[PDB]
Engineer: 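Quick one: the structure is below, questions incoming.
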There are 4 protein chains.
Amino acid sequence: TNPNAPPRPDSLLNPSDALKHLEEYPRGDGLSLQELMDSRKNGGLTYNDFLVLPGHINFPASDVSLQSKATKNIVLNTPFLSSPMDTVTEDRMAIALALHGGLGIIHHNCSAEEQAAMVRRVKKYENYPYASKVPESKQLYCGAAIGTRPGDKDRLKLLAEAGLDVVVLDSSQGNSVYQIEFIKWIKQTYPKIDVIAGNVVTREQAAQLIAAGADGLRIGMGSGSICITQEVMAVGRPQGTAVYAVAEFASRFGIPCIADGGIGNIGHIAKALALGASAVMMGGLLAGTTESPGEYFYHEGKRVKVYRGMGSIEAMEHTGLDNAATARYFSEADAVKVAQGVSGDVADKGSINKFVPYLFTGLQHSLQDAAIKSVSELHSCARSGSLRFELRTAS
Amino acid sequence: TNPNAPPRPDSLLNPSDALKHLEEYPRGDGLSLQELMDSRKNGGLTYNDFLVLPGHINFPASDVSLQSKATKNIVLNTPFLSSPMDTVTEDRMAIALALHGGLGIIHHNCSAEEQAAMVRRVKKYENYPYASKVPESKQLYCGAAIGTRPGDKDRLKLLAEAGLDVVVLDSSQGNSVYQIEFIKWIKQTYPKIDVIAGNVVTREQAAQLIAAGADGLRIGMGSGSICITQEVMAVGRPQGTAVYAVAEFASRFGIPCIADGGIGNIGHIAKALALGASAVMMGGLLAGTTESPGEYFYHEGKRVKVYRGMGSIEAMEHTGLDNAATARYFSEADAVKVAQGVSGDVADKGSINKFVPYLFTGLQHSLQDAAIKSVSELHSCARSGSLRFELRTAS
Amino acid sequence: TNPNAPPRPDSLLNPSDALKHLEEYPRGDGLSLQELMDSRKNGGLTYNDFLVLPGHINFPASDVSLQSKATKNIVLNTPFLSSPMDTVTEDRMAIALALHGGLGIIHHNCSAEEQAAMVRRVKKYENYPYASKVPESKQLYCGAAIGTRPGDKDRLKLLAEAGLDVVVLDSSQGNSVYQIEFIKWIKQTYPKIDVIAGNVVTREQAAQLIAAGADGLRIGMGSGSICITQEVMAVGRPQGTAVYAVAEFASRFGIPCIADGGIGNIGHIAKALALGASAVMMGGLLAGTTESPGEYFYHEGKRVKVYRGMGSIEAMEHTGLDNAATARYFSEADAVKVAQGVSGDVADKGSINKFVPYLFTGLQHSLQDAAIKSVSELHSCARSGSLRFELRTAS
Amino acid sequence: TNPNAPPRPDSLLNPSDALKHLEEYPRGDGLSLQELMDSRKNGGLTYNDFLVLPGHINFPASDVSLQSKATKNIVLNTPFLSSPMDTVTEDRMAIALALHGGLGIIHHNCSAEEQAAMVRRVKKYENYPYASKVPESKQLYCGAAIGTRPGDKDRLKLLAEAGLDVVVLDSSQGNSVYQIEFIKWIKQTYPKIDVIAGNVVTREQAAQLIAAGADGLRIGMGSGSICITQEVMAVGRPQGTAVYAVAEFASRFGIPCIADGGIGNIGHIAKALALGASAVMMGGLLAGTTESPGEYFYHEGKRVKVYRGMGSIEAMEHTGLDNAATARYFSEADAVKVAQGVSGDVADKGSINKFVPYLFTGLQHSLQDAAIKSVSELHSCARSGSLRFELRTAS
Ligand SMILES: COc1c(C)c2c(c(O)c1C/C=C(\C)CCC(=O)O)C(=O)OC2
Ligand SMILES: COc1c(C)c2c(c(O)c1C/C=C(\C)CCC(=O)O)C(=O)OC2
Ligand SMILES: COc1c(C)c2c(c(O)c1C/C=C(\C)CCC(=O)O)C(=O)OC2
Ligand SMILES: COc1c(C)c2c(c(O)c1C/C=C(\C)CCC(=O)O)C(=O)OC2
Ligand SMILES: O=c1[nH]cnc2c1ncn2[C@@H]1O[C@H](COP(=O)(O)O)[C@@H](O)[C@H]1O
Ligand SMILES: O=c1[nH]cnc2c1ncn2[C@@H]1O[C@H](COP(=O)(O)O)[C@@H](O)[C@H]1O
Ligand SMILES: O=c1[nH]cnc2c1ncn2[C@@H]1O[C@H](COP(=O)(O)O)[C@@H](O)[C@H]1O
Ligand SMILES: O=c1[nH]cnc2c1ncn2[C@@H]1O[C@H](COP(=O)(O)O)[C@@H](O)[C@H]1O
């Protein structure tokens, strides 16, 4: 028998009974999210490996809510976080993105004093109705990243003093005793500063950080545009499967998940959210913008900015597959210093003032096509099997 | 045991018993259409992902009937519809294609008056024995596209007055309350003008439009040659699976299906029909022809015409993967204006007078190779499992 | 439980018991031929899609017999047939290949008189111990191709008179009433001239031609190096699956199978034979050689010969993916004339006197690596599951 | 029901119970090694086809032991063996690699006297705490390769006299009666010189060599960077599946396995070991280094060294896919001489003194990410299912 359709009728059916006959089918058209994200059946999937199937439209795209949670206590009007990278997020980006309803995560490749001064400028900043404002203060929300070394405790204290709302524990692999203990330390020292723990790609890693007290999870290992060629990497996970697996588990505890790495367009954003992510983090997509740090320069007629991985030799010196313009494939500088990312340049993207509304509109249109009015409904329909998917072959 | 063959004989079998032994096999060679088009087993398929297996020939290719239904009331001698695009279909293309036994769908990127004047020229037009003539009038058949906004009701009235036979409701996603209500409006206002509803890629979407009163379904979402790179798209479906899934359902109600987008050669046409489509719609294949609108121009020694998506910035301004000659990858012009297609150019293809007979002959030869004499038999054999298929890997 | 291995031992096993423990495994390492060639499990496979796993060597490569049957009555020392193509086989190639133990199939893109004169030169021809000699006459074996039109009956009579040993019924799809009736005609007129029928890619097609009285089967549809891009083709089959499926059935009746098309190297030959083919047919591999017809010419410093498909506009005028040097992508010349292949050029390959011994030696070495001493043993081990295979992914 | 997750809870779960809920899951996230390396389910896999999933970190990377066994009696601090190739290993490389904790295998493309003189220089050689020293002598360990022809018996005697610790039986296919008998000959003549037998890619081949008395297995057939394009090869196996299949069996007898061929970066090393290999062999990665044999020369501005396969026409004359700088695709020189590899050049890599510590550090970091402290634990976790994997699609 046909497992995808009921037996064919003997004679033509009445078109007015089409909706009744649709209910006789053994399963929905395409795949459920649970069927798509099966490691044994389909392997590890990236965003480009599948599509979301269209649903029913009964609302304009302007009615779509993109409201989501970055952490268990932080609600954002736009599910966009800028990456804590020295060529992506400083105070200018953190302010601009917050004004558009997103959230900036200021990098830590500077002294704790310089970082605290950047956090302070975001918090003190004074047309933008979607603005990410802290409810009782009306100040813009501010995030920042730190490592999990003993000296990071003192760094966080200066950041807390500067008015920090949320902290990102910056790591290629957050499932360590060092990060687990550091989370517990923040939960006891600063209970009001939300903790985004990671990076994680497995359910087992997520469970450790959820139990430690993480308020949000940063998902991704090897997915970044400036990440060393994956043919050179041994440990990681394809981003789609990573986003699904972690959020499938984390959502049971109400812990929002941030899809970090490999977001190159609106489609990637829609797909990451459709997989269970509550928000996305962008490095590459926000690099080369006016609000990003670093100077513009010309490279063979093109106006560019440097965009680099934080594990690149250049970023580590205290001063790679999918990528825009150019890049250099470095591997080592010191035998002890193993490069984990690349340094290159990205073309001028203009201001985020024009770019972020484009991403916002495009995402409302994508959710409308899927028949979805909110991120909450997107997730609910993904878990129920109402929201359908289809794998795409090479061609 | 071997599920594909019976046990091997102890000694050689007699070649005169080959046909008797063939009936001992547990299944036919290759795959049935139902086995090929399994989302869980094979993922989403495009035309290039499979082949049709050859059958038995007992007729010349000239005996193959390519007669099919564009809608439940319109019978065409050639299953070819030209796309409603400003660089594909105006009156010249609608007349020429109709004379060859096909059907032209005039675009709506003009005033309702200009569009009605184009429809009128097709209807008034007065060597071509395959000609798509309306039975009781002997005039050439004419199709036209419209949107589903309130002002489109008035547009259709001017088109109806001009002698319009069939209307295409022009949309990237036709499963909306706006289109469903617009179909019901046409069925009550103009019961004699056939409605082609869409675009649709799922069985669930098809059911809504069939129940509303659609006379034909336009299938495709993201398959078009001028469609924005699918790595940028979030919602859609691979064309083969879309064509199969929709026609598997629609054929139960006698609603013909039009395979729209990604037809680049005869093989694509044969495969779309073999999947269950009653006809194909061509944009790219018919662009650059003498009968298509727009002027010829030279681009670095090559005689070309512009070919563009209707969702391109250039088409929207009221004046991308698989593609001929050149293209530009636009994404936005206005933050509110999100590009859904690209504008490029296509090489001179000559007249359709030489081109359409080539497509017709080639398609008769393809059906002959499969052992098929008509579109009706092609479908019957596809559903029975007599017509076989084979998936093709990357190599 | 693990379906590929028995439970792991509690403590280390004795290395002297390795052969005893090997027999405790639930299945052989890798895949059986029946497991590899499963359409539902693996799709349609080409030669590049898999490898043959190595076996046990207990003989030198020089002990490998490459003796096989081209037809049920013709035994060849070398399983190589040259293709009946106007740029591959005339009398010079037919003589040279026969002297090396193979078999030439003279083309029919000439008058029946010219073709009969070429057959006669092979038969009259008078260092080469592997020579394909007819047993009771000591003359070189000669093959020739014909179509299945009424005028081909008279062509075959002139060829029979010239001393023809074997006839190839030349067709892109041999499963027709025209070929079936033509086979019966030859079996009754010339019972002593072996018939190679085809081309075929399915078990169902093979059964028809076996029942008609074919002495050998020519396998391939769309596999040829000069064959129109498969993205343009609708009907055919990946060569590996075609070779397997047809020979799995044909071998039950003792009908040898010729793997025709897509042989570009020794590995392809070994794989075609390992799949069940009794011999291979080469067009591309034998084009550009001294013995092939047509003049050498220079093309931008390179010494070349034309190599073209018999369905190309140039071959049809009575005078495309995998290919050497250059090619032109023609599609039509006359609306009635649909191109089925391409015309291009191939680099000078030298004489077959140096080339054929290279292919012979290489093939002995391949069979030795698989632990196989003869074509008969290769087939026996392929059917028993002793000969193992492995699918290869893209990387 | 969902086979990958338990039913979803009715209301939110407590994050402090995350570790308890994790134990309710029907299976671990991702795949077990046994699930990944299933030929019927996933086909033949190379290193690039999968990733290792991250585990739990509770130690610094500097605490990772890379100590492993090259043979049943030889313990190495670094699991690196240099390939016995005339452009990779002579005395300089054997000494340098041994000093870094690895093991050099001196080539045999020289007289037995010259080879014995190279072995002697390694053994007589007199800052390096990881040094591969023979326990009772304090001399550096030395390996060497030989063939299995009668004259190789006399070659080994001169090598034994020179102080040889381990012998590699050099072959593209070691499962022969010639190698099996040669192993037994060494076991009886020189019981104290460890035998590395191969090359092997199947469990059936491994069983023969284990039963003969091999102390280690050299795994690989067609995986080498200088190996003739695999589209030309008929017999072999994808490296990942080869490494897994052989080590799954060999580990039951305590016979270490050497992953030989296709190691181009640290990730490949980590993956080969994670699959069950006890060590890796490098040709390409160690060619172009100061310690490798052959002179540096300039090729269009680049400082290079020749790197060639031992089956290349140039290496055989007693004087190809994945590859650095350049290469030539030779196939034959003499009709009897069939090329099995290519000759090309590789860019200057500098000294191994800087390169080997880079590889060592990188590998400690990879094992740390997987939550693994030693090679022994890596294997134990791979067999238990604690160490997880994920397949990677093309994108
Ligand atoms: C910390 O920044 C990252 C992140 C977030 C990720 C990756 C990565 O390589 C680096 C650079 C790694 C550096 C700076 C070394 C320190 C470390 O390893 O923590 C990645 O692979 O997944 C996510
Ligand atoms: C309407 O024209 C199409 C069609 C038929 C399709 C697609 C598409 O993008 C456009 C352009 C979209 C435009 C003009 C915006 C309006 C809208 O969205 O209806 C496609 O993806 O599937 C089919
Ligand atoms: C006859 O020569 C071939 C053969 C053997 C094959 C193919 C093919 O296209 C042609 C050219 C087709 C021509 C000359 C037209 C006549 C016909 O169709 O018989 C192929 O696809 O599979 C095998
Ligand atoms: C012996 O060196 C190798 C090895 C180790 C391998 C291959 C190979 O081709 C050669 C060259 C083959 C030559 C010198 C001919 C002799 C022979 O065949 O033994 C390979 O494919 O897997 C591993
Ligand atoms: O050097 C690096 N190597 C690997 N990943 C990095 C590195 N630097 C930053 N990342 C990660 O990649 C992300 C950015 O990815 P992108 O948006 O694809 O450009 C960051 O948020 C980090 O998770
Ligand atoms: O701008 C666009 N974006 C995506 N699809 C479009 C656009 N314009 C037209 N289409 C669709 O693509 C089809 C043409 O596809 P083509 O024959 O592959 O060139 C049309 O019939 C429409 O369905
Ligand atoms: O024009 C053509 N189109 C498709 N196949 C052809 C044509 N001409 C010859 N062939 C076939 O392809 C074979 C040669 O393939 P080759 O060895 O790959 O070059 C012939 O033996 C025929 O089966
Ligand atoms: O000529 C050859 N053909 C195929 N493989 C070879 C040849 N020469 C050496 N090899 C093998 O390939 C290995 C080197 O692989 P590499 O590290 O990928 O460059 C050697 O250790 C051998 O197993």
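Sequence lines map to chains A, B, C, ... one by one, in the order shown. We number chain A the same way the PDB entry does; the residues here are 4-129, 245-437, 450-525, in that order. What you see of chain B is 4-129, 245-437, 450-525, where the numbers are those given in the PDB entry. Here chain C follows the PDB entry for its numbers: 4-129, 245-437, 450-525, in order, are the residues you see. The residue numbers of chain D are those assigned by the PDB entry, with the residues present covering 4-129, 245-437, 450-525 sequentially. Heavy atoms only: backbone and side chains are in, while hydrogens, waters and symmetry mates are out. All ligand and atom numbering here is 1-based and tracks the order in the structure.
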Engineer: Quick one: do you know the drug at ligand 2?
Structural biologist: mycophenolic acid
Engineer: Mind checking something for me? Which chain has more close contacts with mycophenolic acid (ligand 2) than the rest, going by the PDB entry?
Structural biologist: inosine-5'-monophosphate dehydrogenase
Engineer: Which other chains does a heavy-atom search at under 4.0 Å around mycophenolic acid (ligand 2) pick up?
Structural biologist: B
Engineer: I'm curious, any covalent attachment for mycophenolic acid (ligand 2) in this structure? Which residue and atom?
Structural biologist: none
Engineer: At a 4.0 Å threshold, what atoms of mycophenolic acid (ligand 2) neighbour a non-hydrogen atom of B:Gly338?
Structural biologist: 22 (O), 23 (C)
Engineer: Taking the non-hydrogen atoms of B:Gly340, is any one of them nearer than 4.0 angstrom to mycophenolic acid (ligand 2)?
Structural biologist: yes
Engineer: Any atoms of mycophenolic acid (ligand 2) less than 4.0 Å from a non-hydrogen atom of B:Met428? List them with their elements.
Structural biologist: 14 (C)
Engineer: Can you confirm whether some protein heavy atom lies under 4.0 Å from atom 14 (C) of mycophenolic acid (ligand 2), or whether none does?
Structural biologist: yes
Engineer: Find all atoms of mycophenolic acid (ligand 2) within a distance of less than 4.0 Å from any non-hydrogen atom belonging to B:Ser289, and give their numbers and elements.
Structural biologist: 1 (C), 4 (C), 5 (C), 19 (O)
Engineer: For atom 9 (O) of mycophenolic acid (ligand 2), what is the nearest protein heavy atom, given as residue, atom name and distance?
Structural biologist: B:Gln470 NE2, 3.5 Å
Engineer: In the entry's source annotation, what organism is given for chain B?
Structural biologist: Cryptococcus neoformans
Engineer: When you measure from atom 10 (C) of mycophenolic acid (ligand 2) to every protein heavy atom, which one gives the shortest distance, and what is it?
Structural biologist: B:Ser290 CB, 4.0 Å
Engineer: Quick one: which of B:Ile344, B:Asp288, B:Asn317 has a heavy atom closest to atom 1 (C) of mycophenolic acid (ligand 2)?
Structural biologist: B:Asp288
Engineer: Heavy atom under 4.0 Å from mycophenolic acid (ligand 2): found in B:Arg336's side chain, backbone, both, or neither?
Structural biologist: side chain
Engineer: Assess B:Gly427 for proximity to mycophenolic acid (ligand 2): is some non-hydrogen atom of it under 4.0 Å away?
Structural biologist: no
Engineer: Under 4.0 Å, heavy atom to atom, what does mycophenolic acid (ligand 2) touch in the other chains?
Structural biologist: B:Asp288, B:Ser289, B:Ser290, B:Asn317, B:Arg336, B:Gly338, B:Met339, B:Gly340, B:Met428, B:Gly429, B:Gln470
